[PDB]
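Here is a PDB entry that includes dinaciclib.
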Amino acid sequence: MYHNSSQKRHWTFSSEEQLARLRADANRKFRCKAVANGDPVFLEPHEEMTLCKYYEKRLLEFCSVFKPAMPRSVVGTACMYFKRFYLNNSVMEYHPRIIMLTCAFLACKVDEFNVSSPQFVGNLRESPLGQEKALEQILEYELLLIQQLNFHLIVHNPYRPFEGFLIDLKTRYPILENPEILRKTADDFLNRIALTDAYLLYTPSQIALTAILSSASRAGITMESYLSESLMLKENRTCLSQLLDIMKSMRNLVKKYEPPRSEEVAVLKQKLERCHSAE
Amino acid sequence: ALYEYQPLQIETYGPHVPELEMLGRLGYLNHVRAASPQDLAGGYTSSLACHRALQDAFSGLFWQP
Amino acid sequence: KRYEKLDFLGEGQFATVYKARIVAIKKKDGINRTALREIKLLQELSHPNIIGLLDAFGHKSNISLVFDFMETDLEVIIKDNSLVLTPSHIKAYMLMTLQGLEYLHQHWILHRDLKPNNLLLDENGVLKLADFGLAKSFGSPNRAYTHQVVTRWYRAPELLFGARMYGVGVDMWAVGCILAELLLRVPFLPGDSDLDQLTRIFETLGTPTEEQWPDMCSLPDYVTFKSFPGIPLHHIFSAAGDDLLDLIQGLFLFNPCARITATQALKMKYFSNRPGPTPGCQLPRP
Ligand SMILES: CCc1cnn2c(NCc3ccc[n+](O)c3)cc(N3CCCC[C@H]3CCO)nc12
């Protein structure tokens, strides 16, 4: 359960400043290791972030067209693994193209999505020789990925909390006529929330509730009474204010999100391939 | 030293979840798909899915890192 | 690493266990899925009656798992003809087993491999459920399982009839079988096959009917059996008191929905009655 999970205990951070600190520290430690081992070949932490965002979209695209149909829980677990890995590691040391596939592989194992390795790599749009090479790379990096996750494999995603909130609204909030009208748009917001650092900063339940309430606000529906009365936050107004602040912060994270630009990402990809070819 | 049952006390950091044996009385089960006769024969009831979903929805809702 | 190999505890079907400095290390498809299952589940669980995963490490496609070292298991206790299993000892074992199970089921995990040798005992008499290589989370409709789980002697009839969807009843039936083995000192229902397992179950407990199991016939591998009257429990378990017989009946109810949960079993009068459970320090050592 989330309330005593490893995700809450070790992988939900207090602020974006902490995440930036971890990423900059990873970039700097790779820089120091490379300098000791052996120039402007290094990528900056914001360039690492841009590449990580791009490769997270690529991981999402890989999981979407993956046959057999990969469940949404496996995809969420894989994306969480990717984010957590690149919190403490540099894309210059481990290529995100292979790490993302390794994340999908490990998530398929952890979430009991039974797929054989050959049928896992058959989803790649590459040649059979490239498929075998990719499989060997994935097998090489599986243990590394598990180590960098500190052997914390269960990932709590907002999808089941989202379903539970829909059930609770249908049962206890007649003011909302048909809560299912809120699904699609909330799902949309969910996707957007997933692109940010929110999954490292907020609980799955908070993410789900934020998505639902943003969907309601877009629909114009006010569900302040659901928080106040059904969730009984009128007894602790401080709890209600903290929850509202959390959702406002998440909405701000979504609104400020800067999708990676094609040309900037292409330049960064040339830079990263140069960094991997050298050393 | 006689044993006395005490319930497990795990803080969920969220709203109270209604008891498993009350969901049907409260109308929650009207919004989950009914367990098939084979599912019921094996011991799976839709009340299990509803309870898990509500527990996940309310778990850690009030928690702050 | 930081653990020095002391002793070769034994070998399992999936790995080999070594006692180290005191802990036990369980040393193209990549990392073994059973080891990953144990990792992912035991990292999220913390209870005195669940085996503790203290650390984990590996190399290449191999991985090691570090656990607390356990002195013995319930199977060694049961088969030790030199050990007397008083009602208090049985109650203590059942209590710890059920507390671990209640915590596990509250976190929506089924053990699915419950049997005396998977109930380890440390030197302090604390019982712990171990071997989570078959454990799986439950409660999702869209998450089907396999019926070929649990050791055959301890497999519930719903599993034997092919239940792909099931709940805590599998663990509770295995718990009833463990209780019966504790009382009889021999396996309660020692089948040699699935059909013979169901035959032993129905010959001992009676052939289930529609009123005891309304949807029984809907299970995929359902086979009609001869209508055995069964053996009354007080005949099978002569020394069992009325409260213990009520517990046993609850654990062996054919309908898995009616079958008592770990919580319900813990609230039963058997556990709050005299004599109290044996303290761990006083439990028999084999
Ligand atoms: C993996 C967790 C663990 C902790 N202690 N321990 C031990 N302790 C010694 C022991 C236990 C029970 C009975 N006897 O006689 C000795 C043994 C062992 N494994 C190897 C030997 C046969 C059992 C098998 C069980 C697999 O979990 N595994 C473990």
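Chain A is the first sequence line, chain B the second, and so forth, proteins listed ahead of strands; every chain is numbered from 1. Only heavy atoms go into these numbers, but all of them, side chains included; no hydrogens, no water, no symmetry mates. When the header is checked for method, it gives electron microscopy, 1.9 Å. Start at 1 and go down the list; that is how both ligands and their atoms are numbered.
The largest share of close contacts with dinaciclib (ligand 1) comes from the chain named in the PDB entry as Cyclin-dependent kinase 7. Other chains in heavy-atom range of dinaciclib (ligand 1) (under 4.0 Å): C.
Within the 4.0 angstrom cut-off, atom 26 (C) of dinaciclib (ligand 1) has no protein heavy-atom neighbours.
Across chain C, the UniProt domain dominating contacts with dinaciclib (ligand 1) is Protein kinase. C:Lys26 CE, 3.6 Å is the protein heavy atom nearest to atom 1 (C) of dinaciclib (ligand 1). Among all non-hydrogen protein atoms, the one lying nearest atom 15 (O) of dinaciclib (ligand 1) is C:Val76 CG2, 4.1 Å.
Per the entry, the species of origin for chain C is Homo sapiens. Here C:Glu11 has no heavy atoms under 4.0 Å from dinaciclib (ligand 1), in either its backbone or its side chain. Of the protein's heavy atoms, at least one falls inside 4.0 Å of atom 10 (C) of dinaciclib (ligand 1). For C:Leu9, heavy-atom contacts with dinaciclib (ligand 1) shorter than 4.0 Å involve the backbone as well as the side chain.
Counting the atoms of dinaciclib (ligand 1) from 1 in the order shown, those under 4.0 Å from a heavy atom of C:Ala24 are 3 (C), 4 (C), 5 (N).
Counting protein heavy atoms under 4.0 angstrom from atom 21 (C) of dinaciclib (ligand 1) gives one or more. With a heavy-atom cut-off of 4.0 Å, C:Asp68 touches dinaciclib (ligand 1) through its backbone alone. Not a single heavy atom of C:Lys19 sits closer than 4.0 Å to an atom of dinaciclib (ligand 1). The closest approach between dinaciclib (ligand 1) and any UniProt active-site residue of chain C, by heavy atoms to 1 Å, is C:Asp113, 9 Å. For atom 18 (C) of dinaciclib (ligand 1), the closest non-hydrogen atom of the protein is C:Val17 CG1, 4.1 Å. Annotation: atom 13 (C) of dinaciclib (ligand 1) to nearest protein heavy atom, C:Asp73 OD2, 3.4 Å. When only interatomic distances are considered, the shortest N/O to N/O separation between C:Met70 and dinaciclib (ligand 1) falls below 3.5 Å. UniProt ATP-binding residues of chain C with a heavy atom under 4.0 Å from dinaciclib (ligand 1): C:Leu9, C:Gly10, C:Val17, C:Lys26. In terms of protein heavy-atom proximity, atom 16 (C) of dinaciclib (ligand 1) is nearest to C:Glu71 O, 3.6 Å.
With a non-hydrogen cut-off of 4.0 Å, the residues around dinaciclib (ligand 1) amount to C:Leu9, C:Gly10, C:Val17, C:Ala24, C:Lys26, C:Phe67, C:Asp68, C:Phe69, C:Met70, C:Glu71, C:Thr72, C:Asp73, C:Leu120.
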